[PDB]
Novice: 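In this model we see raltegravir bound to Integrase.
Convention: sequence-line order gives letters A, B, ...; per-chain numbering from 1. In listed order, ligands and their atoms are each counted from 1.
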Amino acid sequence: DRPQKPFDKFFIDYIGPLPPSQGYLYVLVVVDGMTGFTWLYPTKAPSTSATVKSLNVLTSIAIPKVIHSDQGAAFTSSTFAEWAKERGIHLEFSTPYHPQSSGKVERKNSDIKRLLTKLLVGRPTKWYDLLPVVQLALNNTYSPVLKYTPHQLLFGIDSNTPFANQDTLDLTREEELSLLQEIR
Amino acid sequence: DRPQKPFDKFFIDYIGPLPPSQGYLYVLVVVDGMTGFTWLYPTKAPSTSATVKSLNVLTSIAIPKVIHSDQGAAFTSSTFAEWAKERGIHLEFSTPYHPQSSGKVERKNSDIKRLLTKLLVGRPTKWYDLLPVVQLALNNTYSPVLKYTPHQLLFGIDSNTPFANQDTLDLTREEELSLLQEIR
Amino acid sequence: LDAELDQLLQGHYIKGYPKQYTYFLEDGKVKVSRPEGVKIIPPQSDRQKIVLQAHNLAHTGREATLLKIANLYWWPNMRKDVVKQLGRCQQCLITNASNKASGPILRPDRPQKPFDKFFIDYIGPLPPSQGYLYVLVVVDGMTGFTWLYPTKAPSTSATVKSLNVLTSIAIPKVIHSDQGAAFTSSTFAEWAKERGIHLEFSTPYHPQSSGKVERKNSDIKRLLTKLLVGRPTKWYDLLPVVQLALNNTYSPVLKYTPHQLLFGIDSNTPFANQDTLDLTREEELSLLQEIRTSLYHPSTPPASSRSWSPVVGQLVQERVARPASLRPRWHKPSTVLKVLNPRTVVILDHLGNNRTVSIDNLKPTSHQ
Amino acid sequence: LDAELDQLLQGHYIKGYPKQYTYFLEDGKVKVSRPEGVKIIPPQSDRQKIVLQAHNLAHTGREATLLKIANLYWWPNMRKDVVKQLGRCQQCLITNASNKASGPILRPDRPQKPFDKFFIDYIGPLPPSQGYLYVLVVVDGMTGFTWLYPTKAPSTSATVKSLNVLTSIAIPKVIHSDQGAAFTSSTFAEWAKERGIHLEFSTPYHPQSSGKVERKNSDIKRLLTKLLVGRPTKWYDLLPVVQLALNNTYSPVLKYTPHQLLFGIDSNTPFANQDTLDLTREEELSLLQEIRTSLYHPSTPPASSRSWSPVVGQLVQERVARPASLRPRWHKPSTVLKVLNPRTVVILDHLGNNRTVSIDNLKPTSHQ
DNA sequence: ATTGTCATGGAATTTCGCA
DNA sequence: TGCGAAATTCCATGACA
DNA sequence: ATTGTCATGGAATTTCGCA
DNA sequence: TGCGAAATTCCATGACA
Ligand SMILES: Cc1nnc(C(=O)NC(C)(C)c2nc(C(=O)NCc3ccc(F)cc3)c(O)c(=O)n2C)o1
Ligand SMILES: Cc1nnc(C(=O)NC(C)(C)c2nc(C(=O)NCc3ccc(F)cc3)c(O)c(=O)n2C)o1
Ligand SMILES: [Mg+2]
Ligand SMILES: [Mg+2]
Ligand SMILES: [Mg+2]
Ligand SMILES: [Mg+2]
Ligand SMILES: [Mg+2]
Ligand SMILES: [Mg+2]
Ligand SMILES: [N+]
Ligand SMILES: [N+]
Ligand SMILES: [Zn+2]
Ligand SMILES: [Zn+2]
């Protein structure tokens, strides 16, 4: 069996709805399986159309052999199947109600939801602008299991933005009683 | 004493008034003394101004050491004297009532008056257009005294328009009784 | 196709497939173990399509196309098939640049006599000066002697007005011009025939062909500029000055001014030369005839290391003259009917018209 | 002046006037009988004026000016006086062309790492496609990997929108650009400082300095053209295709695609290379680091036979950038403050500002 | 059925003045 | 029959849209 | 305070297959 | 240990406004 590689498998998923930010409601999340590298795309809907639009950007940089997803409507449509077939991409589905990624990916997907949550409180409407820094953060985060960040695994070099503070990532007591104030 | 040369002396004079042709009334006549070469310029008046305008064209091709003329008003004005002095041209006047050129020049000036007269009858108003061919004619006319035309003496080559017919130059009987009809 | 590949699998020898390598079957495809790795040997009936797919990714040339194919496949003489396709790609042929230079320039003979040949051309538009925008420049080929006329347009009519005045002095055998609207009109053709003047045209989009006058344009503009430094650009009144100035300027290579070449004696201008003061005019014209024949004449320079020269029957392409944005810089291939000289050819353009054309506006079609 | 010439007439020797010629008086002027003929020897107090008169006829250079003077005069070392005046003619100095070429180009080192240096530039205006007119091209110096963004204007704001998206992937150490309005605005300066990105600018009017990206522009336009042959020029929808196409194209000199240089492994695109299928990613990155350091690098070509290289303190002139019709092509002389490298200098411009400037936009002032 | 040209100023080469 | 310096010639460079 | 680049396709050179 | 032919490398040419 051949060793795992970048572009072997992309794990995709939607997060949202979120508070509107510049007319956007959702985030499509792409994580490379081997490197843990993350790409994020703002969409207005979890539709096949928005997925195709966003993946067209990504897949004009690099094309995965396999895309893995749950059985979301946007991912099981025959349009989305056409699109993938055109690009020679094999589609892969986790059985319904049983999401299976990998340890690395699950942990990454967890970091994403939590890092988002942390930064959306205080400024729940300014997230669109923060997506770039969110990604840099995620991608220059040290992996306990491998000695390396996703940046390093993807490109084979150190980054010009090392995130030296392994950050709090937990909700400070101020944000706990004021996150329960925004949802009131 | 040094031998005579082109540009040593220009002989100038006016002819006219003539019947208006394209708004023009006079012809300034320039004849190089050594070669017998002729230039003609249409003017609206025998003035210093018209002379200067016309000689400016000629003297932008070649500048004579000396201009000879009778004592016409246009040639004895101090403006015309300034103009010549500026260009380092010596002015020369025949004594009043006694025009003296040279054999060659007088004969040339004669040819001009006669050739004009011949072509103006029949079409007394179309002479402006004929000035170019008049000059070519004059300048490719064989000189009995020298073995050469003015073209040949000026440029040192045969011309592409030889005027093989030493022409009639005299008024045919039709033109004699119809030149006395135009002046009626 | 499948015939060849079969004979090969059972260990027999086919011309082109070297015998020292092991050829096998795996995943339903014929493979071979080459030094670089294991490559698929596609059936010949598939190869065109492969080359085409590789080429079409970015419309690459020989090596860049080969390198893609080599990632997956091997077969005999791969580049021959690659080149076959490059030679058939309309899009590459009409978009790519040439990488072969033109042959070395010709230095046509100097016209033997004043008035043998005029070269004419327009300069402009210039900043308006007394309502005038252009200059007609007329340059006698033999002497360099030049005439200048201000115009409002580079029109036939204004050309005709000016030349009627110039040809008062003398009629030329030939007038050479580029393909400007002014010079190619049938009115201008008539005007010339009327006077026994033969019209000669530059090939299109090749101002070098009017080099005699173009080069004079340079000096005319250069002197005008100097004279106008720190003043408004009122050039109309300087034309005469410039004309005279230039006609009386020495060419250091020749050691003569155009005036001298035309008349064999200076007129009354500053620093007039006096060397012939004691000769008769006839003695003077005699020294002029001799000076005229002995003038320096340059030779054709050495060819560059990778030039081409046109051959009858060659496929060549004409440059698109005014190509729109994102459109090919070359026309479709066409054929050389006649090699007029090594730098000038007639081509049949596939329409097909005969066009007389400079090789500077051609490339040899690549891959034959 | 009259002192010297007097001593000379009575047959005494003056340094510079050769003793074997006879010097006399005639028509109130000192003459000499030289092989070419009899010439006037003007008094030294008159010579500047003479040289000036000869020069001013057509603003001629050395020989053409000398030849006029020589028609009438002789004196010692005439050309020295001619050259003195040429060196003082404002009009000649700022209008004439140079006749010395630039020194041979530099081939700066390839950036060591991806993201060490971006080169950015605009292409356009292009025919409108979905309301878009320009393309922002961003080219990573090390890899050649390129990003393409359609814009409506070559503006700072549209630059910033695009780069926010690109720098989601990674932040570069340096971004190199030419002097476009978009890149030199203080808003753009802020945007960069905000991210610890250093801005580097080309010298002005020298697109070669952005050669990495300019050259990529060529391929982008060339592929767009081919893809659009026989269709309307709807380029907007092809940008992504072109990006991918080019990033995955081999450079025959390197034997790698920019993708490979950036990632050390092909993604799922046609004809993907498989040579590292059996290495671990870590083994793969290790072979990548090695491939990255051993890439071919060109050297500075030989100087042409008549080039110049800048010296501190030299009088040099900067080319006028957008010279109006009939106006000088050069600025007044100015001085080299610092030789930054042999092809780049700082000059004090007589105003005087410090300007950093390519030698391609300079000539050495003639005659010192 | 047509085709490069030539001013320019440093450098390279030749000629000049003298012996 | 030779030296130093001035004169002349050579010619790459660049610009005519 | 900065600096040319690189696809291209014939030709030149090197390597390959075989002996 | 050397030949013919194929493969690879060299590199001038030209175009990015
Ligand atoms: C058919 C047909 N339609 N149009 C052309 C055509 O030639 N068009 C252009 C715009 C190129 C042009 N150029 C020059 C010129 O002077 N160019 C500058 C230059 C001079 C010398 C040198 F060596 C290089 C460049 C003209 O004089 C001229 O009349 N034209 C029309 O052919
Ligand atoms: C200050 C200042 N203001 N303006 C400039 C300036 O440079 N202006 C021009 C019009 C010359 C320009 N040109 C290019 C370019 O691509 N030219 C084509 C090319 C490319 C490569 C190569 F080697 C030769 C030519 C640009 O990209 C660009 O932005 N500009 C502004 O500087
Ligand atoms: Mg989901
Ligand atoms: Mg009178
Ligand atoms: Mg023209
Ligand atoms: Mg022209
Ligand atoms: Mg730019
Ligand atoms: Mg550019
Ligand atoms: N010729
Ligand atoms: N460097
Ligand atoms: Zn193609
Ligand atoms: Zn000057």
Novice: Report the positions of raltegravir in this structure by ligand number or chain letter.
Specialist: ligands 1 and 2
Novice: Enumerate the other chains with heavy atoms less than 4.0 Å from raltegravir (ligand 1).
Specialist: C, E, F
Novice: When residues of chain C contacting raltegravir (ligand 1) are grouped by UniProt domain, which group is largest?
Specialist: Integrase catalytic
Novice: Quick check for my notes - source organism of chain C in the deposit?
Specialist: Human spumaretrovirus
Novice: Just wondering, does anything else, ligand or ion, come under 4.0 Å from raltegravir (ligand 1)?
Specialist: ligand 5 (magnesium ion), ligand 6 (magnesium ion)
Novice: Okay, next thing: UniProt's Mg(2+)-binding residues in chain C - which of them have a heavy atom under 4.0 Å from raltegravir (ligand 1)?
Specialist: C/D178
Novice: Heavy atoms under 4.0 Å from raltegravir (ligand 1): which residues of other chains qualify?
Specialist: C/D121, C/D178, C/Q179, C/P204, C/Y205, C/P207, C/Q208, C/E214, E/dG4, F/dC16, F/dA17
